[PDB]
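The structure to be discussed contains fluzoparib.
For this chain, numbers begin at 1 and follow the sequence in order. Heavy atoms only: backbone and side chains are in, while hydrogens, waters and symmetry mates are out. If you check the header, you will see the structure was determined by X-ray crystallography, 2.5 Å. Read the numbers this way: they start at 1 and go in the same order the structure lists the ligands and their atoms.
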Amino acid sequence: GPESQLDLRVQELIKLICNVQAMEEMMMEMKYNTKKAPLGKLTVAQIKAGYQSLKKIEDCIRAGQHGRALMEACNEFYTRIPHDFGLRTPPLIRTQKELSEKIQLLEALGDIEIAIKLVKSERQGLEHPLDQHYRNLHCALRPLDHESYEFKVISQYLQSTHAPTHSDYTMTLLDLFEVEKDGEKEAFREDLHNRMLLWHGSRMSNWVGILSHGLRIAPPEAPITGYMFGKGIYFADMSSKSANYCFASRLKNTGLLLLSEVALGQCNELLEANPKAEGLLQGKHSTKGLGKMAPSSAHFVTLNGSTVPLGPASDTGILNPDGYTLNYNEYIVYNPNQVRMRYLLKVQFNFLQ
Ligand SMILES: O=C(c1cc(Cc2n[nH]c(=O)c3ccccc23)ccc1F)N1CCn2nc(C(F)(F)F)nc2C1
């Protein structure tokens, strides 16, 4: 009956992130089974078991047990987390990247279970359904105007920090929302210095969970080696580096990027990955993974109290002698109270070919 009371741009955002059918299609692309394991009846416990099975696998990988041991651990994961490979013979997880794949799958399942719950919630017919979904986020989203000063600056942040080795696409900013998640400013470590406005990209299936529950710490059951710098919340200062984690396609060229205030405090700087980076803090507040190019310094503005690392980017003269060197920086915090969500960008990806 009742007409939406939401701004239209917010109505389109809600419609886009609460699209269960699109999640269904995103999981199907990660080789998952949407009917045998219907997202409508996902539970935390199915996902917890998921993590547990990935831990057994990590154990085999750490022991070099790539025979029967690993074969059975992978089958238990594929049983608790139903996959649909049709005729293909379900493959072994042995590499870090294969492992990382599964973790990203469980994170999306977790955020999809949050989303499903919310969209099925009550169904009070006093308010438009968009309106209900938006209240249930407990997260304010305010459409800023194309002319607005904020749009100007974030546009420049997005374009100015597009990395040159991500030449497979450009990005156009369609819309910009101010985010105010209930409780985040109250929780936030305003005491800590070195507060930066940084990027976070995720699959389109995770935004309801991200906006409703915040960026979360990975559960204890998950394998530590899933995480290059441990179980924390990961941000970049380069737009495209985050944007790659949106997993946008030529057919699905619309994604979302997040800007958050991040209370870095004192960074523990690392050159190479280390899943156990969190124990190496010793009083420091964050991990910084160090890359070859990063925004300058001289272009850094500020915005409601956070330093926006605008570009152009520049060589940092960083290089790792004995192993891999990250192309771009990477920042990890190990507590949600070091994150305050600020903006949500609606972004068109324009793929070269
Ligand atoms: O931030 C992360 C996280 C993200 C990535 C990939 C990634 N993505 N995007 C970016 O821009 C980005 C920028 C730099 C580096 C990497 C990234 C790799 C590991 C991570 F730990 N997490 C917090 C949210 N979260 N929630 C859960 C759960 F499962 F509990 F629900 N697990 C997590 C994990």
If I want every instance of fluzoparib, which ligands or chains should I look at?
-> ligand 1
From the contacts in this model, which chain binds fluzoparib (ligand 1) most extensively, according to the PDB entry?
->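 The main partner is Poly [ADP-ribose] polymerase 2.
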At a 4.0 Å heavy-atom threshold, which residues contact fluzoparib (ligand 1)?
-> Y51, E107, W199, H200, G201, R216, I217, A218, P219, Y227, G232, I233, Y234, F235, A236, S242, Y245, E330
Tell me which protein heavy atom sits closest to atom 3 (C) of fluzoparib (ligand 1), plus the residue, atom name and distance to 0.1 Å.
-> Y234 CD1, 3.5 Å
Shortest protein contact, atom 11 (O) of fluzoparib (ligand 1) (heavy atom only) = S242 OG, 2.7 Å
For fluzoparib (ligand 1), which atoms have a heavy atom of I233 less than 4.0 angstrom away?
-> 1 (O)
Which fluzoparib (ligand 1) atoms does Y227 reach within 4.0 Å, using its non-hydrogen atoms?
-> 21 (F)
Of all the atoms in fluzoparib (ligand 1), which lie at a distance below 4.0 Å from a heavy atom belonging to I217?
->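 What qualifies from fluzoparib (ligand 1) is 30 (F).
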Identify which UniProt-listed NAD(+)-binding residues in chain A lie under 4.0 Å from fluzoparib (ligand 1) by heavy-atom distance.
-> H200, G201, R216, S242
Got the closest protein heavy atom to atom 22 (N) of fluzoparib (ligand 1), with its distance?
->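 Residue, atom and distance for the closest contact: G232 O, 3.5 Å.
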Protein contact to atom 8 (N) of fluzoparib (ligand 1) [nearest heavy atom, distance to 0.1 Å] =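 For this ligand atom, the closest protein heavy atom is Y245 CG, 3.3 Å.
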Going by the order shown, which atoms of fluzoparib (ligand 1) are within less than 4.0 Å of some heavy atom of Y51?
->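 In order of numbering, the contacting atoms are 29 (F).
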Of the protein's non-hydrogen atoms, which lies at the shortest distance from atom 9 (N) of fluzoparib (ligand 1), and what is that distance?
->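 Checking every protein heavy atom, the shortest distance to atom 9 (N) of fluzoparib (ligand 1) gives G201 O, 2.8 Å.
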Which active-site residue (per UniProt) in chain A approaches fluzoparib (ligand 1) most closely, and what is the shortest heavy-atom distance, rounded to 1 Å?
-> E330, 4 Å
How far is atom 31 (F) of fluzoparib (ligand 1) from its nearest protein heavy atom, and which residue and atom is that?
-> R216 NH2, 3.2 Å
Write down the UniProt domain of chain A that holds the majority of residues in contact with fluzoparib (ligand 1).
-> PARP catalytic
